[PDB]
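Below, a PDB structure including pirtobrutinib.
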Amino acid sequence: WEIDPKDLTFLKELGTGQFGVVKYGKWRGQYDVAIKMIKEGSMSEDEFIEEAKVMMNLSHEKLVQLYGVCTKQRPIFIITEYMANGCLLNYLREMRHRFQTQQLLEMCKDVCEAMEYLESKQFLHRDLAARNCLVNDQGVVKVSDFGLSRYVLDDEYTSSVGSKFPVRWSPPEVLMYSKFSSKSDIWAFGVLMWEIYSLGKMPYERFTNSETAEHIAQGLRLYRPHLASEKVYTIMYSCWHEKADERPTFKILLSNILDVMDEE
Ligand SMILES: COc1ccc(F)cc1C(=O)NCc1ccc(-c2nn([C@@H](C)C(F)(F)F)c(N)c2C(N)=O)cc1
């Protein structure tokens, strides 16, 4: 799990975010990697380092691989698979100019495969959204930052009443009782399908976070994006049953997605 910084070559800065600056580089001069230089005070570093091996064991082709950490310096670096097309949210917005609707369903299938694998390990993502998915050079969407919110220090992001909490991707039991489960990741997956079919629009854009929480509690749900067929909308809507036990599993969503692919 411990990578020697001597083996990294830094080649270009890709951007920055909540948890630090990201650079593209090579490991041992040969293998592409992305390197995130963790923002001081943003994460519970000792706890993340001890459990970096846990996340490194989650190996599925549709999960962005965590390769290791560099911890013998400040700041700590997190080394991952390089995703040349960057975050899915921005990539959807760029796609508006040139795309086939069948590509949208393939993106949903990629994320659903990763989530079925996490579900099989009873591993909660806790913040599934287009901004936490990445896209590689071949247009494959993969899920990233799985389980990271448990190590975030800022309560504005982790608390269900924090200004920065992902309210628009949360079911009623998370907003009210902070009750996370595989079924809250299912709800967020339905919102992510809506983000894909809306080419990166913000969910519930006319409403504030507090209004959105009330809207959801009243049973109101996102509309069908015009690119989604009624069969696709039925799948995303199935993620939004008020009762968590009524929502499907990722194995069921994957089969439904594969049925629509085989039919349309
Ligand atoms: C799989 O990783 C994890 C799994 C579990 C967990 F709990 C935490 C992590 C984690 O912290 N990973 C560190 C990391 C995260 C995202 C990028 C990245 N970001 N971006 C862009 C948006 C940008 F703009 F930031 F560069 C890429 N293209 C990136 C790229 N990989 O090409 C790089 C490294």
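When a residue number appears, it is its place in the shown sequence, counting from 1. Whatever order the structure lists them in is the order used to number ligands and atoms, beginning at 1. Any value given below was found using the heavy atoms of this structure, including those in side chains, with hydrogens, waters and symmetry copies removed.
Most heavy-atom contacts to pirtobrutinib: the chain UniProt names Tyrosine-protein kinase BTK. With non-hydrogen distances under 4.0 Å, the site around pirtobrutinib consists of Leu14, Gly15, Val22, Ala34, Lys36, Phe48, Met55, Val64, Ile78, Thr80, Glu81, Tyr82, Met83, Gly86, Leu134, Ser144, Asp145, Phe146, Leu148. With a cut-off of 4.0 Å on heavy-atom distance, the UniProt-listed dasatinib-binding residues of chain A close to pirtobrutinib are: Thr80, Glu81, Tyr82, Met83. Shortest contact from atom 1 (C) of pirtobrutinib to any protein heavy atom: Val64 O, 3.1 Å.
Shown in contact with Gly86 at under 4.0 Å from a heavy atom are these atoms of pirtobrutinib, numbered in order with element: 28 (N). My check of the UniProt clofedanol-binding residues in chain A for heavy atoms under 4.0 Å from pirtobrutinib returns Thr80, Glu81, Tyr82, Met83, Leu148. In this structure, the UniProt active-site residue of chain A with the shortest heavy-atom distance to pirtobrutinib (to 1 Å) is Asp127, 10 Å. At least one N/O-N/O distance between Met83 and pirtobrutinib falls below 3.5 Å. Each of the following atoms of pirtobrutinib lies closer than 4.0 Å to a heavy atom of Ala34: 30 (C), 31 (N), 32 (O), 33 (C). Closest to atom 5 (C) of pirtobrutinib among all protein heavy atoms lies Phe146 O, 3.4 Å. The bulk of residues of chain A touching pirtobrutinib reside in UniProt domain Protein kinase.
Counting only heavy atoms of the protein, atom 10 (C) of pirtobrutinib lies nearest to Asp145 OD1, 3.4 Å. Remark: minimum distance from atom 25 (F) of pirtobrutinib to any protein heavy atom is reached at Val22 CG2, 3.3 Å. Proximity to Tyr82 (heavy-atom distance under 4.0 Å) selects the following atoms of pirtobrutinib: 32 (O).
Counting the atoms of pirtobrutinib from 1 in the order shown, those under 4.0 Å from a heavy atom of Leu134 are 18 (C), 20 (N), 22 (C), 27 (C), 29 (C), 30 (C), 31 (N). Between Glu81 and pirtobrutinib, at least one pair of N/O atoms sits closer than 3.5 Å. At the top of the distance list for atom 24 (F) of pirtobrutinib, counting protein heavy atoms only, stands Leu14 O, 3.6 Å. The protein heavy atom nearest to atom 7 (F) of pirtobrutinib is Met55 CE, 2.9 Å.
For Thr80, a nitrogen or oxygen atom sits less than 3.5 Å from a nitrogen or oxygen atom of pirtobrutinib, counting backbone and side chain alike.
Ranking protein heavy atoms by distance to atom 11 (O) of pirtobrutinib, first place goes to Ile78 CD1, 3.5 Å.
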